[PDB]
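What follows is a model of Lanosterol 14-alpha demethylase carrying bound itraconazole.
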Amino acid sequence: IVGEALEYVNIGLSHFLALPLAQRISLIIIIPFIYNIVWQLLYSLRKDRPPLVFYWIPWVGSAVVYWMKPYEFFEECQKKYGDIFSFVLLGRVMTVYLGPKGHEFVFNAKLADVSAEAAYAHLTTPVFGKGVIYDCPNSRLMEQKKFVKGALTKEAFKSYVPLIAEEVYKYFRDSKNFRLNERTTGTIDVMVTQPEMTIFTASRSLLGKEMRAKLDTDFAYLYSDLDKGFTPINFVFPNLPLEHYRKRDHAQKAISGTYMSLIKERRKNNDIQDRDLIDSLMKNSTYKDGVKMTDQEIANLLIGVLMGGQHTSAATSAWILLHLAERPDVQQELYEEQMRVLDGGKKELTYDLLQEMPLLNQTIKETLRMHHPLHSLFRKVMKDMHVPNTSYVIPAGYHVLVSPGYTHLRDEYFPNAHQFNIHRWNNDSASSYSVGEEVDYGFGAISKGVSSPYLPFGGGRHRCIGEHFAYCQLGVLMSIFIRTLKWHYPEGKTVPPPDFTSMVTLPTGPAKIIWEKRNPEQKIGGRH
Ligand SMILES: CC[C@@H](C)n1ncn(-c2ccc(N3CCN(c4ccc(OC[C@H]5CO[C@](Cn6cncn6)(c6ccc(Cl)cc6Cl)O5)cc4)CC3)cc2)c1=O
Ligand code: HEM
């Protein structure tokens, strides 16, 4: 008889339900804990799964170390397991593929195999609004990218350069961080100045003078609120009934409302020209199946483009200033190139003259090598994927993670990779360039291979379309900083370590530098 054992099964179950509440809470904790450990052990036997990083707390996984020190985590895993490994992250399984083959695996993955919008829509849809970027099918995103790129032409950059320059000068004139007409030296926190200079310059050029004027008002606080809603927390908790989440949603409505008002106002007056991204999207935002973007979708798209451009660029110019603050030799070299190309400062800066400043562009290029603003990009796996030349299968429901910024910092691809050296890019100062064959996913021909160890703008269908804008903006900005100021660290201070916990990787604050006018007597005109 085994029937009597099946009775004690039922009996055991009943005694289980009658345990003292202290013992039940205890078990409510210890049972998932034990089961988690046993599951990992069994998992480690499968030869069709990449090794999985061991973790103690269920669901949470390796969340804490990935959040604080993602590259140190990757290096340690790479040492133990090689280039492919998985780890658990707040309920998700992330399969990391390091190095250029990882780039190809993920960036050039078939559209059916992986989804960016499934990975990202929570990080962005609550902030930007509905119907755009990741809150739409991939083919809509492809065309949105085509639309936005339409305002990012050489001719647009030629007209943006003096607008960006004017904002930089105005910021030197009026901001309390500078006041160059009143002060000849001062101390700044670059994580205060660079986000402000970035939003002022990006607004003026992409959004136009009206939207720029708005930032001189209490309206600016809405950008602050919307900005605070752009946080890694959204990855897990995109909506919680806290005040944080409420100021964000309000801001999105208020800011999209303001863009819609401008859009409808311009159409009303037949005042649609070729000034900015707004004019461009009004004139050119009809999908190929004949559907037009709504005014709300246009406004939402504007928010997304400005927000993304805001954080990558601000972080980058902050890093440029910080690396140059201990490199007066590089400031000196950059200054000589400015003197040569602009004829001792007699020539006004133009987009065409920016292209003749290779060391300036190499400085941007080198900063983006050492400080990729996005340490990890990922996709949700939609169909089981076989890893070439292995036995691994990444099942649907997993996420794949790629990290070009990690490869940027490997000695094998960049000798002395932790040394800042703009000259590693001599005669190679282009922001990026296709090393051969090209393809077009709907927003223009881009490189077909994504095997370059240097990939600051990613690749494949989700590739950045902002790189020439970012270089234009960063170039104007740094050209003027260099011609106007010298700067250095307070005694004993040096380049800060990256903070990886925000949406882009920023310098750990407070990152202060001391500036000095190259020409103490130089005045900036205009009224204030
Ligand atoms: C346990 C709780 C707590 C301790 N914890 N523990 C771990 N974590 C955690 C770890 C990591 C992360 N991640 C989430 C993902 N993230 C990130 C990934 C991709 C990314 O952007 C890629 C896409 C989407 O956004 C943009 C960014 N961009 C690109 N160019 C310019 N910006 C983007 C593309 C297009 C447009 Cl229009 C806008 C935007 Cl924003 O590209 C941004 C951040 C890094 C941090 C979040 C939380 C926690 O919160
Ligand atoms: C230094 C500056 C920047 C860097 C390093 C950068 C980096 C990137 C990267 C790595 C991606 C690919 C993301 C992925 O594959 O998951 C991307 C995508 C994108 N970026 Fe940028 N970016 C920068 C600036 C900008 C700017 C200024 C804009 C807008 C003006 C912009 C708009 C976009 C857009 C529209 C995409 C496409 C998103 C998609 O197709 O899924 N970026 N960027």
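Heads up, chain A uses the PDB entry numbers, so what you see runs 7-534. All heavy atoms count here, side chains included; hydrogens, waters and symmetry mates do not. Each ligand, and each atom within it, is numbered from 1 in the order the structure gives.
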Every instance of itraconazole: ligand 1
Other-chain residues near itraconazole (heavy atom, 4.0 Å): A69, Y72, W73, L96, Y126, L129, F134, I139, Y140, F236, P238, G310, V311, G314, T318, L380, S382, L383, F384, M509
Atoms in itraconazole flagged as close to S382, the criterion being non-hydrogen separation under 4.0 Å: 18 (C), 19 (C)
Atom indices of itraconazole within 4.0 angstrom of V311 heavy atoms, with elements: 37 (Cl)
Closest protein heavy atom to atom 32 (N) of itraconazole, given as residue, atom name and distance to 0.1 Å: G314 CA, 3.2 Å
Organism of origin for chain A (entry): Saccharomyces cerevisiae
Closest protein heavy atom (residue, atom, distance) for atom 38 (C) of itraconazole: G310 O, 3.3 Å
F384: numbered itraconazole atoms lying under 4.0 Å from its heavy atoms: 15 (C), 18 (C)
Shortest protein heavy-atom distance from atom 46 (C) of itraconazole, along with the residue and atom involved: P238 CB, 3.3 Å
Test item: protein heavy atom less than 4.0 Å from atom 18 (C) of itraconazole: yes
Interfacing atoms of itraconazole (cut-off 4.0 Å, heavy-atom, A69): 6 (N), 7 (C)
Top protein contact for atom 33 (C) of itraconazole, by heavy-atom distance: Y140 OH, 4.6 Å
Heavy-atom protein neighbour under 4.0 angstrom from atom 1 (C) of itraconazole: yes
Subset of itraconazole atoms that lie under 4.0 Å from at least one heavy atom of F236: 40 (Cl)
Those atoms of itraconazole less than 4.0 Å from some heavy atom in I139: 37 (Cl)
Ligand-side contact atoms (itraconazole) for residue partner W73, heavy atom cut-off under 4.0 Å: 6 (N), 7 (C), 8 (N), 9 (C), 10 (C), 48 (C)
Where itraconazole meets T318 - atom numbers and elements under 4.0 angstrom, heavy-atom basis: 31 (C), 32 (N)
Protein residue, atom and distance nearest to atom 11 (C) of itraconazole, heavy-atom basis: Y72 CE2, 3.4 Å
Heavy atom of the protein closest to atom 27 (C) of itraconazole (residue, atom name, distance): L380 CD1, 4.0 Å
